[PDB]
**Q** 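We have in hand a structure of acetylcholinesterase carrying decamethonium.
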Amino acid sequence: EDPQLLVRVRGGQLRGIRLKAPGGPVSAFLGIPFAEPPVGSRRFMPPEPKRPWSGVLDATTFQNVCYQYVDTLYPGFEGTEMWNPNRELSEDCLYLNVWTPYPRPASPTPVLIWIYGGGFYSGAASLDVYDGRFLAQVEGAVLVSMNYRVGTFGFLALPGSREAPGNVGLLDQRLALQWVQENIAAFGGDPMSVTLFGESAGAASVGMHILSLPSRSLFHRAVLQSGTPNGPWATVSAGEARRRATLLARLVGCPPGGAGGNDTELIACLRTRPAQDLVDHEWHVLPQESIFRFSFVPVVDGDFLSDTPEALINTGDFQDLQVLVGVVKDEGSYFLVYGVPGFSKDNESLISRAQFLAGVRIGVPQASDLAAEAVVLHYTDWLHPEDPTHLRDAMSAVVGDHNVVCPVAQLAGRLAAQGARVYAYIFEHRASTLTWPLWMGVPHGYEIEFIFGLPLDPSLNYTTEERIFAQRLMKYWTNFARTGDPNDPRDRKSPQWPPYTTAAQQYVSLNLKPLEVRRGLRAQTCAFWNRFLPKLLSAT
Amino acid sequence: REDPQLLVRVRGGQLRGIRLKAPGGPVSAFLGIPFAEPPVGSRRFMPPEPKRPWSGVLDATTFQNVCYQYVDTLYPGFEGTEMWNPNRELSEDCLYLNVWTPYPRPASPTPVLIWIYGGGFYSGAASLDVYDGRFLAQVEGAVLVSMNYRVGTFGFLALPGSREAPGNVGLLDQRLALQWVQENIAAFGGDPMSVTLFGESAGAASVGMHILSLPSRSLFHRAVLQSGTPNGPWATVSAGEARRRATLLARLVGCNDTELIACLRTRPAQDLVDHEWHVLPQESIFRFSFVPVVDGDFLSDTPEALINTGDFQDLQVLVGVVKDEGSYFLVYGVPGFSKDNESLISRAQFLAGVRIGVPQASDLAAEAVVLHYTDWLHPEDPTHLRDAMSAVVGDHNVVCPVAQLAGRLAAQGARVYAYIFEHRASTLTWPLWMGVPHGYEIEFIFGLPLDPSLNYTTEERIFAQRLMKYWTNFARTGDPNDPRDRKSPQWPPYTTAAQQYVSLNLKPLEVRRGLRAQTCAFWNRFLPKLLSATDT
Ligand SMILES: C[N+](C)(C)CCCCCCCCCC[N+](C)(C)C
Ligand SMILES: C[N+](C)(C)CCCCCCCCCC[N+](C)(C)C
Ligand SMILES: *[C@@H]1O[C@H](CO)[C@@H](O)[C@H](O)[C@H]1NC(C)=O
């Protein structure tokens, strides 16, 4: 047929499809099974390498989304729907995608592996905003985006157990990585320049790979957008993981009656429950009412993660590492409508003070009273402690800083200090297209469109600057991808992006106006969160 | 034959004053008038008993003894330090007051201004050149009274509940002086119905105490608290602490409460002064040995309690603070600070100094403080660190307690006026790094720049006038604003809602909202909870 859309892989033949990007043709190999479907008695189990196949495996289309909760908060609303599954749900979802430029690159092009985010409970490479055709067509890079097990399926764990040891949604990603290694070669990809890049929980994931030895040998560069492995939401202890597994199990009738004491039977029992049964009780295992906290996520097992990601970034050796890190203007905005009284995407959410005080307890569930006070002290504007507008924006700040920004900063600094070559940024441009209210500004995850290059598509209603902007962004990423320096290669155009350093603390303003270097990532505020607050908590 | 204008008859007898010359004219001055029987011998530690009547004409032309106290020998010969030291023979017999009126004495009853001097309750005197009534008297026509009150062990050593050493006597001395004015001030042309109290540091604390003590409250109508409050970390002590110290000091000099006080009364006054500092419990600064005890008598409850639950509708108050309240004190106990160099310190000193400045803090409380006052972008910059250490001490001990008091008073009916003094005396002898320290506003209020003999500038003289106008207008009408003269900058009341105060500097008045708002919420609201959580 066409040697361009026909490829032999370590397991067998494949057939891609030829996509048409604004600037030209692209080869796309969608739905490549990287592992044997983790269904049946394989559920909660580490993934296994897909067995070799006979004939030509079709790969002209997107596979099934892993089993996960579907958002029903705002039915029909693009702002939420855009994140929901666009393919059928199934426990048989272990496939990855590959975009290569048409025709295949002359020599070993650098590879950009994307890891989607969604609180470790949702997400899919199948998504529109994760369309890696532009970054291949335009920047000529080999882009790979895989699907990994979310929710209970990916992270339910009974630490120490043989049949649900946890973190399998990560081993999924790791397995996709080992694949890209021994197989990307055939797509014109360089198995020597693997640059991982993900947002939210994907970012947190990327971090996990950096912190996990076995994952090291599978990548060389890393980008962590709006998320880290060290936060208050990305991991749970062994005890908590268990307490939530058993509880979820219990709710689903596992085991039935007053029988118990055997984890194997407990999992065996769980393995028989319809997928939707688990998803039904996913949210009932949280210990307190909250936001930006997820039920099933990576666990500190002492295997995939040898110790807390905190303890790891604190004492790891990141000398050789080259990382790109960042954040958006208002991380915490999106999460407010999902459980904080007074907040809706429909009104301006001009909240009362009491609403704000309550909100603080939700957004910071692990906080004792005194610690809550501290947070209130810090975020209240005492000249106007009643102004609804402040209270509103302050709530978004508490959430966004606590969960994303400060942890980012804590990582960046701890990384740089450890030997890493870190680069930081603050995405501040609010897409014109954006359907969420003005009050949320630049919400968690609204940088993707630009990094992926969606504004390049003419049909989509993006402004010309946004297009130029997107290209600029794609440039930084791909540049960081090949070189390990997001800067205009040789061609020293103009503004330079300096490495974030402990002493200097430099990050850049990623927006319409050319680069604009700044110092201190909420330095003051994050000193509160990263230095003080912790000891306030470990006292109370 | 006598000058009819300098001969005054007072309840205890007659007295002759002296005609003084102020820059713009003559002024009458009656100095060293006794208002109490000499608190000596067995009268030591005891409350003041009224001055017994005398015969003949008492000589009220010269200042009297300064109350027995400690003398500041830190920087021998240094004006900025000596300007506060005793300028008359020390003696226990020091209970006298001074009145300054225009010359000739005013025809119409004029508003009285009563000055209570600073000095951390361990020192001070009305004898001091900075507390000179002559300018206020001559330029504004005020009747200015100022008294001496016992300090240190003599005026504040307490064995709560005993008869022979009840404590707070120095505060009683001031009250007695306040009564004396009530009675006798009419004789000089003063109006007993328009008494306005004003003080600085411990002086302002004392003023606050009179506001919070019922008896004293019916002896004045308005008040001005300059860089000082009744509430706050240093102004008062528990009854148990007061006793811990008193008992300790007693033991330190070789001494049943009665039998103890008896022994302390045989000790030479200097023996006491020498040991008064040995009783402090911790390595600190801006923390004094013998201050007002909360006896449940003069002070029914704590000033904190009292300002939170009191009626203050019938009160007009002027409160303020100078731009660099902390500096002066760093020099006294925080390593790395000297008047001689620029005192740029290392983060290590800043850290060890916060424990000096907030001696009562727990490691966590301290760390909370450190976190607040650090510039995390340059946590090592000695300049910022130096400036910051000064703010910790100023905010903790003065600025915030003032903001607290302003809010509580305002909240509970009072009419409050607030300011921040920002001008640095051109003639200032303290290093430029100390900015406008604690006490360097006084000389302007009292009108010293009006004396051409002193080397102030023309602007400074004009400034002094403006301030004297502010104070007197307030002492006169409860409002510091120029009445008829709807001039230019109008000074609005501090309200809990708007939180406005003004800038007292060479430029015209400027209104500012929120007095160290965010920082004071840390000290006032949060720090205490954290403090109690981590307490002993
Ligand atoms: C922004 N994306 C999507 C890319 C990543 C964010 C994932 C976190 C979603 C927060 C809302 C959780 C709501 C939980 N429920 C629906 C159960 C209330
Ligand atoms: C300017 N006036 C006279 C109105 C106020 C003077 C206040 C004196 C400050 C002394 C601080 C001592 C601190 C404790 N140690 C002994 C450690 C220095
Ligand atoms: C916004 O709307 C939600 C639900 O419609 C409501 O709970 C909230 O009180 C509203 N807030 C304002 C400020 O209108």
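Numbers restart at 1 for each chain; the letters A, B, ... are given by sequence-line order, proteins then strands. This entry, so its header tells us, was determined using X-ray crystallography, 2.9 Å. When a ligand or atom number is given, it counts from 1 through the structure's own listing order.
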**Q** Identify all ligands or chains assigned to decamethonium.
**A** ligands 1 and 2
**Q** Counting heavy atoms under 4.0 Å, which other chains neighbour decamethonium (ligand 2)?
**A** B
**Q** Provide the organism of origin for chain B from the PDB annotation.
**A** Mus musculus
**Q** Quick one: what's the binding site of decamethonium (ligand 2) if I count heavy atoms under 4.0 Å?
**A** B:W84, B:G119, B:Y122, B:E200, B:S284, B:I285, B:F286, B:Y328, B:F329, B:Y332, B:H438
